[PDB]
Every structure is written in C-alpha cells, then in structure tokens.
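Numbering starts at 1 and runs along the sequence shown. Order of appearance sets the numbers: ligands from 1, and atoms from 1 within every ligand. Quick note: numbers below take in every heavy atom, side chains included, and nothing from hydrogens, waters or symmetry partners.
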Amino acid sequence: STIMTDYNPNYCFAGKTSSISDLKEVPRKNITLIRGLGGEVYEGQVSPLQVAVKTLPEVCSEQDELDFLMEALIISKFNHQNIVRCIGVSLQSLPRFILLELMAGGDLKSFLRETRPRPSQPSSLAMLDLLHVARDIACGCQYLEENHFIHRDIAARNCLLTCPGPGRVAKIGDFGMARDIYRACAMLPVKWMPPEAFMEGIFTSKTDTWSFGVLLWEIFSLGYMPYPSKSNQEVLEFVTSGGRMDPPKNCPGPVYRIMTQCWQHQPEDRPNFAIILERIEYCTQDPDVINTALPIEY
Ligand SMILES: CCc1cc2c(cc1N1CCC(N3CCOCC3)CC1)C(C)(C)c1[nH]c3cc(C#N)ccc3c1C2=O
C-alpha cells in the first residue's frame with residue numbers, strides 16, 4: 001500500500017517500536033476463505049490453520065487504510081492467552097487481510113443471549129461458567145494494565161469465545177477504540193465509561209476497571225443491555241450523580257460487590273485487576289455463590 005508505505009507509521013507497545021515491515025506477511029496463495037461470519041469477518045484457512053479473516057474494503061479512504069495497518073500492529077504485538085492471537089497479515093494483495101485466531105464460540109454478548117437457561121435448556125449455563133468468563137477477561141485486562149495499555153472499550157460485544165461448549169476460553173477481541181485514540185459523540189460507549197471520562201476526559205487503567213464492572217453486569221445478567229431504558233445522556237447524568245445499576249437477577253451478593261467496587265466514584269478507590277482477579281477467584285471457591293441457580297428465561 002502506497003498510503004501505508006508513504007506514511008509508514010510506527011507503533012509503540014511495552015517500550016518496543018514496530019512498523020509494517022515487522023508484520024508477518026502470509027502469501028495470498030496460502031489463504032482460502034470458507035464462509036462469511038460477521039466490516040466483514042470470514043472463516044478461512046492458511047496452508048491447515050483455521051483462522052478468522054478481517055478484510056479491508058478495496059473502496060476505502062486513506063484513513064481507513066492507516067486504521068487497518070494500526071489494527072494489525074496493535075494485535076500483532078500483544079502476547080497473552082486471553083487476547084486473540086494474530087497469525088499474520090496479507091497486506092500485499094487486494095483486498096487486504098488480517099489473519100486472527102478463530103474464536104468458534106463467537107462474541108460473548110451473543111453467546112450469553114443464545115445460551116440463557118430456558119425451559120428447553122434449563123442447565124445450559126451455570127454460575128461457574130460465568131465466573132470463568134469473568135476471570136478470563138480479567139486476566140487479559142491485567143496483562144493490558146501491567147503493560148500500560150488502556151483498552152477504553154471493555155464490553156461483552158468486544159469479547160470472544162474459543163468454543164460454545166465446556167472448556168471455552170474468553171478473550172479480548174477488539175481494539176478499535178484504542179486504535180482510534182492512538183491515531184487521534186453519538187458513537188461513544190457511554191454506558192461503559194466512568195464519570196471522569198465526561199469531566200476531564202482523562203483515561204487510566206481505572207477507567208478500564210469501571211468498564212470491567214459493567215462487563216461483569218453484562219455477564220451476570222446473561223447479555224442484557226446495561227441501564228435498560230436509559231439513553232446515553234440519562235446514564236451520564238445518572239452515574240455522575242452517584243447512580244448505579246441494581247444487581248442482575250439472582251446475582252450473588254459477593255459478585256455484585258465486585259461490580260460496586262469497580263464503580264467507585266473516585267478512581268483511586270477502584271480495585272486494580274490483580275485485586276479483581278483475587279475477588280473473582282474467592283467467589284469461584286464459595287459454594288453459596290456457585291450453587292446459585294441462574295434465572296430461567298420463560
Ligand atoms: C466460527 C464461528 C465464529 C467465529 C468468529 C466470529 C463469529 C463466529 N460465528 C458467527 C455465526 C454463529 N452462528 C452459529 C450457528 O447459528 C447462527 C450463528 C457462530 C459464531 C466473530 C465474527 C464474532 C469474530 N470476530 C472476531 C474478531 C477477531 C479479532 N480481532 C478475531 C476473531 C473473530 C471472530 C471469530 O472467530
């Protein structure tokens with residue numbers, strides 16, 4: 001790409017600088033698309049390795065090209081089991097591809113909605129399944145925090161699962177907001193943002209702690225939209241004024257208490273991710289938490 005070549009942006013993560021020349025270019029003849037899944041995401045294979053393929057439309061702006069490169073650089077430099085892997089890229093053929101770990105369980109929000117206990121599947125999910133998802137994402141967030149990377153958009157829609165069934169691992173699977181900020185409103189994820197985002201606009205890992213609290217609410221509600229029946233501005237005014245969400249239906253007290261600590265008004269009063277993990281791990285050990293039945297959706 002001449003835009004990518006002429007600009008040739010550097011990307012810094014964890015004290016190391018990378019650029020387009022550092023990306024692992026997979027020959028296009030080795031890549032086959034199998035089906036569309038979800039911009040466009042396809043299932044593909046690399047000669048074989050099963051992958052997810054993100055594509056860049058051939059009709060795109062110069063900014064879109066640079067965005068796509070920065071997304072590749074960002075994902076390629078992460079090294080953690082709870083962040084989706086990047087197999088490589090194919091940027092020297094059109095349309096351009098980024099090749100990612102296939103996450104056959106799909107996105108977490110959709111999974112929660114589709115796998116809710118119902119009279120026909122009364123035991124589809126248990127509390128422990130939800131705590132394992134929470135732990136998995138908290139582990140990824142702790143890696144980001146330890147590497148001074150602020151995600152800015154932790155939400156169930158941005159988490160992915162390795163498979164639908166038992167043994168699934170949840171991973172962070174989108175970095176678009178971080179990418180936009182690295183390169184730099186009705187599209188802001190207001191419902192995931194702490195009060196101070198709207199005051200001084202200052203982001204820290206404590207902003208990700210707040211968002212993680214909202215993710216935990218999403219998990220234990222089985223995929224409900226946060227602040228049901230409030231608009232973005234209503235939520236902004238609500239949370240600023242000290243308003244917080246009620247516990248999800250049947251949510252154990254100890255889990256709800258993790259949410260409420262994540263939502264402390266003062267950032268310094270919120271737990272870091274090592275503390276969040278410890279609390280999630282204690283909940284997972286407590287028989288009265290894990291023996292709590294999830295509500296049936298009639
Ligand atoms: C093979 C399965 C799959 C896999 C993936 C995805 C969706 C799927 N499916 C969508 C279709 C469903 N079906 C199941 C049958 O009923 C209809 C819905 C079953 C999940 C989505 C589109 C969510 C996805 N986004 C990604 C982003 C990044 C990054 N960075 C990396 C990987 C991904 C993936 C995936 O690997």
Original post:
Looking at contacts alone, what is the main macromolecule next to ligand 1, by its name in the PDB entry?
Top reply: ALK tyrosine kinase receptor
**OP:** Give the PDB name of the drug at ligand 1.
**Re:** CH5424802
Subject >> Minimum heavy-atom distance, CH5424802 to UniProt active-site residues of chain A >> reply: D153, 12 Å
Original post:
What organism is annotated as the source of chain A in the entry?
Top reply: Homo sapiens
Original post:
Can you tell me which residue and heavy atom of the protein come closest to atom 33 (C) of CH5424802, and the distance to 0.1 Å?
Top reply: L160 CD1, 3.6 Å
Original post:
If you count the atoms of CH5424802 from 1 in the order shown, which ones are under 4.0 Å from a heavy atom of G173?
Top reply: 27 (C), 28 (C), 29 (C), 30 (N)
Original post:
Of all the atoms in CH5424802, which lie at a distance below 4.0 Å from a heavy atom belonging to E101?
Top reply: 31 (C), 32 (C)
**OP:** Record the part of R35 in heavy-atom contact with CH5424802 below 4.0 Å; permitted values are side chain, backbone, both and neither.
**Re:** side chain
**OP:** Would you check whether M103 has a nitrogen or oxygen atom less than 3.5 angstrom from a nitrogen or oxygen atom of CH5424802?
**Re:** yes
Original post:
Is atom 3 (C) of CH5424802 less than 4.0 angstrom from at least one protein heavy atom?
Top reply: yes
Original post:
What protein heavy atom is closest to atom 11 (C) of CH5424802, reported as residue, atom name and distance in Å?
Top reply: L37 O, 4.4 Å
Subject >> Those atoms of CH5424802 less than 4.0 Å from some heavy atom in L102 >> reply: 1 (C), 36 (O)
Subject >> For atom 19 (C) of CH5424802, closest protein heavy-atom neighbour >> reply: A104 O, 4.4 Å
Subject >> CH5424802 contacts in chain A: dominant UniProt domain >> reply: Protein kinase
**OP:** Please state whether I75 comes within less than 4.0 angstrom of CH5424802, counting heavy atoms only.
**Re:** no
Original post:
From atom 14 (C) of CH5424802, is the closest protein heavy-atom distance below 4.0 Å?
Top reply: no
Original post:
Would a 4.0 Å cut-off, counted as strictly less than, catch a protein heavy atom around atom 36 (O) of CH5424802?
Top reply: yes
Subject >> atom 30 (N) of CH5424802 touched by protein heavy atom at under 4.0 Å >> reply: yes
Subject >> Heavy-atom contacts of CH5424802 within 4.0 Å >> reply: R35, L37, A52, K54, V84, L100, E101, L102, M103, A104, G106, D107, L160, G173
In a simple table, one pair per line, please give the protein and CH5424802 atom names for every N or O pair closer than 3.5 Å, along with the distance.
unit_1, atom_1, unit_2, atom_2, d
CH5424802, 30 (N), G173, O, 3.3
CH5424802, 36 (O), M103, N, 2.7

